[PDB]
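Scroll down for the structure; my scribbles are underneath it.
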Amino acid sequence: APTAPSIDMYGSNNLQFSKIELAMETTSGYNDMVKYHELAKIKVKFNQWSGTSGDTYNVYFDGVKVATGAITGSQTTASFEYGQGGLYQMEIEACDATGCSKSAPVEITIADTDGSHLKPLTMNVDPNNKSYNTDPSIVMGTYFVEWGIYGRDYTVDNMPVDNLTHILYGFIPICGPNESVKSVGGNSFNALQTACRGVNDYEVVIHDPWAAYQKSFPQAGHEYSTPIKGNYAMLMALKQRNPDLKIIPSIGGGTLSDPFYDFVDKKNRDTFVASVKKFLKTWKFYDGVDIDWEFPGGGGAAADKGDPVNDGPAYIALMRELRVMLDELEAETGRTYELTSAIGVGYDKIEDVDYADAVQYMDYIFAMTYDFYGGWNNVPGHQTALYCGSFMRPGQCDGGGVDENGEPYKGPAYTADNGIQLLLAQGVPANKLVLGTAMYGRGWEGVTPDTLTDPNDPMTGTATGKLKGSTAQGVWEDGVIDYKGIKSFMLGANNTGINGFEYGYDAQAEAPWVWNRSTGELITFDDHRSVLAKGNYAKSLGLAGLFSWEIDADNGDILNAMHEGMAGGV
Ligand SMILES: Cc1cc(N)c2ccccc2[n+]1CCCCCCCCCC[n+]1c(C)cc(N)c2ccccc21
Ligand SMILES: Cc1cc(N)c2ccccc2[n+]1CCCCCCCCCC[n+]1c(C)cc(N)c2ccccc21
Ligand SMILES: Cc1cc(N)c2ccccc2[n+]1CCCCCCCCCC[n+]1c(C)cc(N)c2ccccc21
């Protein structure tokens with residue numbers, strides 16, 4: 001017999017609540033910005049402008065009582081806690097000693113990081129991506145990068161999810177030594193320094209919280225009060241659409257690897273592994289963890305770091321300790337968690353780790369069968385070839401021979417096959433190895449006909465420096481160009497060459513190129529034919545499947561060719 005409560009929507013934060021508390025309007029240290037709570041704090045103001053207020057209120061969700069408290073005037077704030085994500089029909093009743101009066105029902109939101117409060121994501125995929133029916137048991141993986149939402153304008157809803165079994169989210173940094181990040185320039189180091197304020201060394205943080213959970217995406221139905229936004233809310237909604245899709249954070253990468261060189265100290269491993277556990281309990285759409293340590297024993301971005309004696313055993317013990325933690329999470333959640341790793345495959349990288357030992361703890365190894373050659377020097381070669389190319393010298397392929405100075409090769413050439421063979425030779429099972437495809441080229445300038453030793457092979461020439469180009473042509477950094485830019489501005493619709501470029505293919509290597517004779521611009525990449533070769537290769541050997549870097553730089557062609565190659569292998 002009190003007046004029925006009316007809910008004050010705007011005074012109740014629009015009925016948007018959350019188990020995760022996220023700072024939306026600042027950029028600060030990770031522990032300040034991100035706090036996960038077992039119970040969402042709910043706060044609901046309601047009014048009873050006319051008649052009497054009564055003396056007690058009860059809150060209902062879906063007809064079930066979840067809170068009570070005192071009414072003592074014409075305006076009440078109900079605060080209480082609720083543990084479960086989702087959308088519920090809320091009613092609030094006011095009672096006095098003679099009876100109760102319920103508000104009409106209204107939808108309350110409680111966000112959780114599994115995406116339980118979200119609709120399946122609405123997609124906007126380039127239709128050049130085709131439909132396939134590839135055995136769901138074969139891995140088809142790709143990397144999606146956090147920074148691709150800026151100039152590259154490639155957002156979660158753009159991924160051809162149905163053609164993917166695995167999404168690797170690049171990249172998650174680690175607080176601590178990160179000089180390599182500083183040397184890259186731009187805002188990347190400053191952002192990391194900010195994320196790590198008030199955070200212990202060796203713990204993971206979100207690099208760019210604006211990209212991750214702050215930016216409002218209209219295509220996803222984000223609004224001012226949406227408690228989770230950015231790439232991560234879209235990934236949560238993506239899981240709603242494709243529940244068997246694995247989405248896995250990728251920790252480190254080429255530039256963010258400096259902290260791994262201190263994993264020789266188990267205290268630092270303990271810290272890291274703990275932080276990875278809390279990360280996965282905070283961000284529940286994620287299905288495991290991927291370790292991109294580039295690289296045990298060194299020879300990566302960090303010129304002053306790398307220990308060929310101890311890095312490999314640190315890596316193995318890291319994998320065991322991650323697997324122990326993941327087993328805890330599988331026990332507590334009833335879910336399956338995956339442990340994976342992307343690795344260098346030059347002989348000199350592989351030799352510093354006993355992967356037969358490491359892989360017993362692991363689901364997959366992502367074999368980085370790319371970046372074999374590039375604009376970091378002036379020696380052209382195939383950046384992502386399966387086999388040894390025609391430009392290689394005698395004894396260069398297997399490492400038997402001597403270079404153009406008479407100096408012995410130190411080991412087998414950088415090719416996919418040499419890398420996979422070396423891993424198989426250590427005792428890694430083929431069904432745990434994933435072969436990598438390139439959705440980008442690397443290239444040079446100044447490789448003109450007078451530099452060649454074989455007039456029909458630009459891979460026999462000498463360059464002057466790195467390919468240069470504009471972002472409109474897909475060149476986001478010197479020496480590197482998106483596949484989709486190669487296709488638009490060098491190959492042309494027919495794959496025969498435009499704007500001064502010709503196409504060529506090294507059949508021995510299984511690697512294409514596009515070469516401009518007068519500028520001497522040369523670009524090495526993966527195309528439809530080299531990718532069919534790689535799918536046939538993976539199939540012959542019983543490899544787990546294929547993966548790619550990076551999804552934003554494809555137009556549909558590379559991923560299509562990945563599915564076609566895995567069907568068509570003879
Ligand atoms: C793209 C996409 C776009 C949507 N509006 C969409 C809407 C609802 C559900 C899925 C959706 N997905 C698909 C979700 C991504 C999975 C990746 C497989 C890509 C299949 C794209 C489907 N496709 C479309 C729609 C239109 C075409 N003319 C075409 C022409 C040739 C081939 C395919 C083609
Ligand atoms: C537009 C905009 C709008 C806002 N309201 C805003 C608000 C706060 C902060 C930034 C904001 N921004 C934009 C600021 C973006 C920089 C902040 C995040 C730094 C993370 C660095 C990673 N990373 C980046 C970024 C770019 C790359 N090419 C790259 C290439 C290779 C490897 C890594 C790479
Ligand atoms: C591997 C590596 C990777 C880096 N990102 C890097 C960055 C800065 C300095 C050295 C670097 N090193 C190598 C450090 C020197 C020890 C090895 C002797 C010469 C090999 C240099 C190779 N190399 C260079 C120079 C630059 C690159 N961007 C590059 C990118 C991918 C793969 C290789 C690359």
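Numbers for residues simply follow the sequence, beginning at 1. Just follow the structure's listing: the first ligand is 1, and inside any ligand the first atom is 1.
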- Message: Could you check ligand 1 and tell me the drug name?
- Response: dequalinium
- Query: Which protein or nucleic acid chain has the most heavy atoms near dequalinium (ligand 1), under its name in the PDB entry?
  - Reply: Chitinase A
- Query: Which other-chain residues or nucleotides lie under 4.0 Å from dequalinium (ligand 1), by heavy-atom distance only?
  - Reply: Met123, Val125, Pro127, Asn129, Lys130, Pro160, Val161, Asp162, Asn163, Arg241
- Write out the residue and atom name of the closest protein heavy atom to atom 13 (C) of dequalinium (ligand 1), then the distance separating them to 0.1 Å. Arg241 NH2, 4.1 Å
- Using 4.0 Å as the cut-off, what other ligands and ions neighbour dequalinium (ligand 1)? none
- Item | Nearest non-hydrogen protein atom, atom 23 (N) of dequalinium (ligand 1) | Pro127 CB, 4.4 Å
- Query: Which dequalinium (ligand 1) atoms, with their elements, are less than 4.0 angstrom from a heavy-atom of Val161?
  - Reply: 15 (C), 16 (C)
- Task: Please check if a non-hydrogen protein atom sits closer than 4.0 Å to atom 19 (C) of dequalinium (ligand 1).
- Result: yes
- Among all protein non-hydrogen atoms, which one is nearest to atom 21 (C) of dequalinium (ligand 1), and what is the separation to 0.1 Å? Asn129 O, 3.8 Å
- Message: Students should be able to answer this: which protein heavy-atom is nearest to atom 15 (C) of dequalinium (ligand 1), and at what distance?
- Response: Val125 CG2, 3.2 Å
- For atom 6 (C) of dequalinium (ligand 1), what's the nearest protein heavy atom and its distance? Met123 O, 4.2 Å
- Look up the source organism of chain A in the entry and report it. Vibrio harveyi
- Item | Sub-4.0 Å protein heavy atom next to atom 4 (C) of dequalinium (ligand 1) | yes
- Any protein heavy atom nearer than 4.0 Å to atom 25 (C) of dequalinium (ligand 1): no
- Protein contact for atom 33 (C) of dequalinium (ligand 1) (heavy atom, distance under 4.0 Å): yes
